[PDB]
Q: 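Okay, here's the structure I mentioned, the one with S-econazole.
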Amino acid sequence: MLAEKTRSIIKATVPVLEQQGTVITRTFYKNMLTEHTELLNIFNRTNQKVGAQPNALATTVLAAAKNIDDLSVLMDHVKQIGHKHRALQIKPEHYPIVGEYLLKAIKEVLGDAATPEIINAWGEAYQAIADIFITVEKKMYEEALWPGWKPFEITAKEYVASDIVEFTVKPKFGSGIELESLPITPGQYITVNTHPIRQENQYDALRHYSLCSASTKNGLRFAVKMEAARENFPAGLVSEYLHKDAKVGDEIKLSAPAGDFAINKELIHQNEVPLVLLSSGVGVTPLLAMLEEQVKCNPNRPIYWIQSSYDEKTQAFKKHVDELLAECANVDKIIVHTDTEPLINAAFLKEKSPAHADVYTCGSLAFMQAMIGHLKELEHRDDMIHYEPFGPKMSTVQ
Ligand SMILES: Cc1cc2nc3c(=O)[nH]c(=O)nc-3n(C[C@H](O)[C@H](O)[C@H](O)COP(=O)(O)OP(=O)(O)OC[C@H]3O[C@@H](n4cnc5c(N)ncnc54)[C@H](O)[C@@H]3O)c2cc1C
Ligand code: HEM
Ligand SMILES: Clc1ccc(CO[C@H](Cn2ccnc2)c2ccc(Cl)cc2Cl)cc1
């Protein structure tokens, strides 16, 4: 696709963009977001100042630029980003805006070093990259269980731990969504479009929340941890909104189930390769959904439930989990309270799970980082390790 003249330039100018990453990406958001202010209905301003989004330009540009020789090596991450982008209603028309400001950023930072051929080459590289995304995302759009945001009604609010509530939600009249006959794969998340009233907030806020169950008869269920303030910065915007302000009976807007996180359907129906469900904190949520599937499809499979939380009180889904585990032939229930016990290490996973195992893991950015490292050392095949981070996945690879 991209030419070697214009491909050489790209390789040759990665050292500058890698070194000037933070500045460019800061310039990019400052400009783009104060020109197109409506975009603040999509981008979460807090991502830039907290998690993995200060080097995100330099994450997604260094990745591209470094892999410019062969872009297909990133295809897995593109597909995962895709689910998020479609979930978030990112459309072909958004892409040029990004590209336009990406070049404008570089020009501002590099000055006369960013020559017309340098700019040109990136302009080119960009559309090539964007074209892969638009195409991946188009297929996802035509395959979603329903188009865009649709109004749902909050039919129940229940604490399933001291600071995690579970919302059960039902589609409103004329949303055109019949609850039963919505095929959900356990491990998919939905995405909400809220508009918080606190903290001087003026725009929409979009967040993915993993479904607790693939069963839809009584509504869709998701569970939200309260990201509190404590002694430092402010509370998480939507988690506080949901917890404090979303009342049962209120409307909420959701987009269709997204995501790649799913258990291996071939290994469900056998008893030789055990299923390992490895979770921290609210991360337990898609795993609960996955557990419910295994228990219902085949309860003879060996299951290892490895749930970590701070407390018994902060331990999510105690009733729910017990009840499902009671139904299986051979389980090992492993509950880690980090107020009493050490964090999960490789040593721990060796002793507590089998050497050959079909493993699924979920929780914070940091919990993933750790778990993937541990399982790699114990030499679990990559095919056997699967994970879904509760932040940006482009920063939980390499
Ligand atoms: C695929 C996927 C599935 C997910 N599933 C779930 C789920 O089932 N349940 C769930 O609870 N979450 C889930 N998450 C995480 C969730 O979507 C949100 O990321 C989460 O609710 C936080 O949103 P927030 O608006 O409340 O916090 P934000 O306002 O987005 O801020 C995030 C964090 O930054 C901190 N912060 C705020 N300001 C600053 C600052 N200035 N400096 C440093 N730190 C700051 C806040 O305290 C907060 O902890 C999932 C995420 C993904 C990607
Ligand atoms: C080829 C160009 C693009 C690339 C490489 C890219 C890459 C990424 C990556 C890596 C993430 C993090 C998701 C995760 O880790 O799970 C992300 C999320 C996101 N993308 Fe893109 N994206 C592109 C285009 C766009 C466009 C055109 C828009 C709209 C203007 C957009 C809006 C968003 C939003 C809103 C998020 C998450 C929410 C946030 O960051 O606040 N992206 N993208
Ligand atoms: Cl080749 C390429 C172009 C754009 C992007 C990622 O686009 C991000 C914004 N973003 C983040 C999430 N969704 C969109 C971005 C563009 C430009 C700059 Cl300078 C910084 C960033 Cl962070 C990735 C590779």
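Following the PDB entry, chain A shows residues 1-398, kept in their order. Each ligand, and each atom within it, is numbered from 1 in the order the structure gives. Computed from heavy atoms alone, side chains included, the values below leave out hydrogens, waters and symmetry copies.
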Q: Where in this structure can S-econazole be found, counting every copy?
A: ligand 3
Q: Determine the main partner chain of S-econazole by heavy-atom contacts and give the name the PDB entry assigns.
A: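 The chain with the most contacts is Flavohemoglobin.
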Q: Hi! What's sitting within 4.0 Å of S-econazole if we only look at heavy atoms?
A: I24, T25, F28, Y29, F43, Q53, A56, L57, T60, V98, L102, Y126, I129
